[PDB]
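Summary heading: complex between voglibose and Glycosyl hydrolase, family 31.
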Amino acid sequence: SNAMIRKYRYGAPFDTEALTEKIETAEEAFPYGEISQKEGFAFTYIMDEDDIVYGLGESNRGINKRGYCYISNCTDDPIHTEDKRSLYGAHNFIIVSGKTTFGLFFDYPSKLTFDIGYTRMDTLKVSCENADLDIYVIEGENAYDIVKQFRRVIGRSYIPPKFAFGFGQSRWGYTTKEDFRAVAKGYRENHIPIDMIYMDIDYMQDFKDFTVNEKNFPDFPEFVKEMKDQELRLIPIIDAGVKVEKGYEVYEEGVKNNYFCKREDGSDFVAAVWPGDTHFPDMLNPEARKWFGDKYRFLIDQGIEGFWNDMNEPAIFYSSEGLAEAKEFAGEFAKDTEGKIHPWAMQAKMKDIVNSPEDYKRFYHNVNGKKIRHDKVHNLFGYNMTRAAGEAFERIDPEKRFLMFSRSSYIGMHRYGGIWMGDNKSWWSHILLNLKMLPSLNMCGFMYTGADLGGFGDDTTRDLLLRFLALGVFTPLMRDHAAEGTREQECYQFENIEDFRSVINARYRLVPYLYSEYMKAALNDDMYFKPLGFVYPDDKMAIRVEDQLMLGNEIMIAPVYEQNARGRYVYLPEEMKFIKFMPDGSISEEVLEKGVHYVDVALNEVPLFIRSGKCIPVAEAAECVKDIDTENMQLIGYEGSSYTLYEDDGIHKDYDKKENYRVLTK
Ligand SMILES: OCC(CO)N[C@H]1C[C@](O)(CO)[C@@H](O)[C@H](O)[C@H]1O
Ligand SMILES: [Cl-]
Ligand SMILES: [Cl-]
Ligand SMILES: [K+]
């Protein structure tokens with residue numbers, strides 16, 4: 001059993017349940033590099049100059065992780081600049097790829113530092129404060145083999161309903177039925193395809209989880225049906241924090257049944273978020289999880305078929321303790337007459353109370369009769385919130401797939417939902433960041449993923465949105481979302497709307513292919529997106545390409561991510577057909593040989609490349625997933641080639657039937 005995977009145990013690790021496969025503890029010396037336990041735990045390895053380091057899922061910078069430091073420590077940080085070491089996810093799987101190749105999964109739920117050539121270029125050092133963890137060593141002939149081994153042992157990836165492969169629109173600010181009707185009309189009257197409209201926090205009654213604003217939605221299920229009859233599915237947000245409010249049932253039940261995270265003394269810990277004071281459900285306690293997940297029935301029973309889980313690092317604006325400290329400091333600053341307390345110090349204290357490391361030491365989880373301080377298991381919170389929801393969906397309607405994705409995650413959560421890449425910005429560099437995160441997420445089990453198209457924060461432009469959308473065409477989550485106070489970012493908010501229709505039409509024409517590749521990959525523990533080096537391992541040029549990706553076994557993508565550009569450079573490791581979805585609805589085709597090329601790609605054109613000896617099916621454009629005609633689709637690509645199409649009803653879980661597969665031959 002499990003010949004290629006060994007598990008090395010130190011101390012008394014918390015069981016994260018990341019793996020579904022039970023691996024016995026190995027008793028031999030750790031097989032690579034050196035282990036030191038003098039400062040807790042450290043693994044140190046000297047890399048060959050040509051080694052590439054893959055992995056880390058949702059983390060900053062590039063596909064090859066060499067040259068920086070990455071700290072797994074789930075953090076609400078809306079400014080994703082190159083210096084940042086921690087974002088929302090903790091995906092502790094890396095692969096050293098070169099003359100000596102192996103994979104490592106560090107199953108540890110707290111702050112874990114990956115110094116990948118930051119300190120010394122030749123040195124990989126992975127460290128944490130406590131030697132209480134399991135480290136899995138995965139052997140294999142190459143990096144792709146090692147990834148496939150890992151994907152097997154962590155269990156099958158979450159599978160969304162097919163409607164989730166349409167286009168979605170959200171904004172922090174949609175509040176009233178008028179707001180949502182205006183979005184529906186803006187897309188539908190302009191014949192821009194769309195399947196989902198996201199409901200952000202203003203839909204709740206005073207930011208209370210599992211409520212709907214009674215003034216704005218007096219007959220909510222009727223409104224849900226108004227939208228669904230037009231093939232628009234409302235996708236509401238749920239937050240980690242439950243508002244403290246007398247008479248609010250979720251709060252009352254959480255208090256009475258000890259379902260919230262508690263302070264040292266047993267009191268329910270207060271964290272301020274959108275509602276002001278909240279309590280956090282104890283996501284690591286199985287009974288609290290069951291209770292919290294069961295609450296989703298409130299929305300499911302009203303016609304809702306999907307959710308997004310947010311603020312689940314968990315994010316904390318301040319604690320009662322931190323607020324009191326900040327106010328005391330402010331009082332001193334206010335009455336200072338000697339000029340001893342400077343404004344910068346006041347500013348620093350205000351910043352310090354937000355997402356404070358000290359607050360994460362102030363509350364506990366109750367697991368199997370043991371109270372564990374939250375910081376010790378910090379990176380498991382979002383994972384378990386989404387597990388709570390996923391497991392509830394199985395109880396509520398076991399036959400049905402729900403759309404589900406989370407901001408914060410840890411390996412293991414990939415069984416229950418996808419992720420979105422959080423609060424990016426309307427920056428050109430964030431198109432590239434979106435692209436690079438994709439294969440790494442796939443290595444860690446997270447295939448239903450994507451970024452806020454157009455950029456969440458700051459102000460977008462028409463061309464940036466168009467280029468973001470052209471990458472989103474290929475990402476399973478394709479959602480335009482934006483922050484409050486930003487320039488309006490719906491496609492209909494710009495001149496020459498036909499260009500937006502053209503780009504989103506390309507998504508819908510590709511949905512049968514993209515869904516098929518997703519399903520084949522998920523059902524077989526394989527990757528939807530792959531780095532070029534996984535497909536062309538013997539090509540020294542290919543292995544270092546980071547701004548192109550392979551999708552499935554048929555195509556390569558290469559989005560434009562430079563402002564004012566009319567094209568871009570590409571490297572083709574084999575002959576391919578360069579394909580563009582054109583704004584008049586036609587599909588242009590050009591054979592390009594192996595090697596370096598500059599390709600022209602206008603703002604309203606969507607490019608891809610079809611590999612030698614392959615073809616893909618392309619449907620006529622439709623405006624919602626339900627209406628896509630998949631009978632006798634056009635086949636684009638090479639004569640003599642075939643394609644195996646996976647197609648099911650997109651709704652249920654009947655995955656293993658021969659009727660789901662059809663061979664198309666060009
Ligand atoms: O992290 C907090 C904020 C940014 O201030 N962003 C989060 C909350 C939010 O702003 C309102 O619900 C939402 O729109 C974002 O998608 C989410 O990441
Ligand atoms: Cl209503
Ligand atoms: Cl041909
Ligand atoms: K924006």
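Numbers here are sequence positions counted from 1. Order of appearance sets the numbers: ligands from 1, and atoms from 1 within every ligand. All values below were derived from every heavy atom in this structure, side-chain atoms included, with hydrogens, water molecules and symmetry-related copies excluded.
Counting repeats, the structure shows voglibose at ligand 1. In this structure, the binding site of voglibose (ligand 1) at 4.0 Å (heavy atoms) is formed by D76, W172, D200, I201, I237, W274, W308, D310, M311, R407, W420, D423, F456, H481. For voglibose (ligand 1) and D76, the ligand atoms under 4.0 Å from any heavy atom of the residue are 1 (O), 2 (C).
For voglibose (ligand 1), the atoms lying closer than 4.0 Å to a non-hydrogen atom of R407 are 1 (O), 2 (C), 6 (N), 7 (C), 17 (C), 18 (O). Close contacts between voglibose (ligand 1) and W308 involve ligand atoms 16 (O) [criterion: under 4.0 Å to a heavy atom]. The shortest N/O to N/O separation between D200 and voglibose (ligand 1) falls below 3.5 Å.
Taking every non-hydrogen atom of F456 and a distance limit under 4.0 Å, the qualifying atoms of voglibose (ligand 1) come out as 6 (N), 10 (O), 14 (O), 15 (C), 16 (O).
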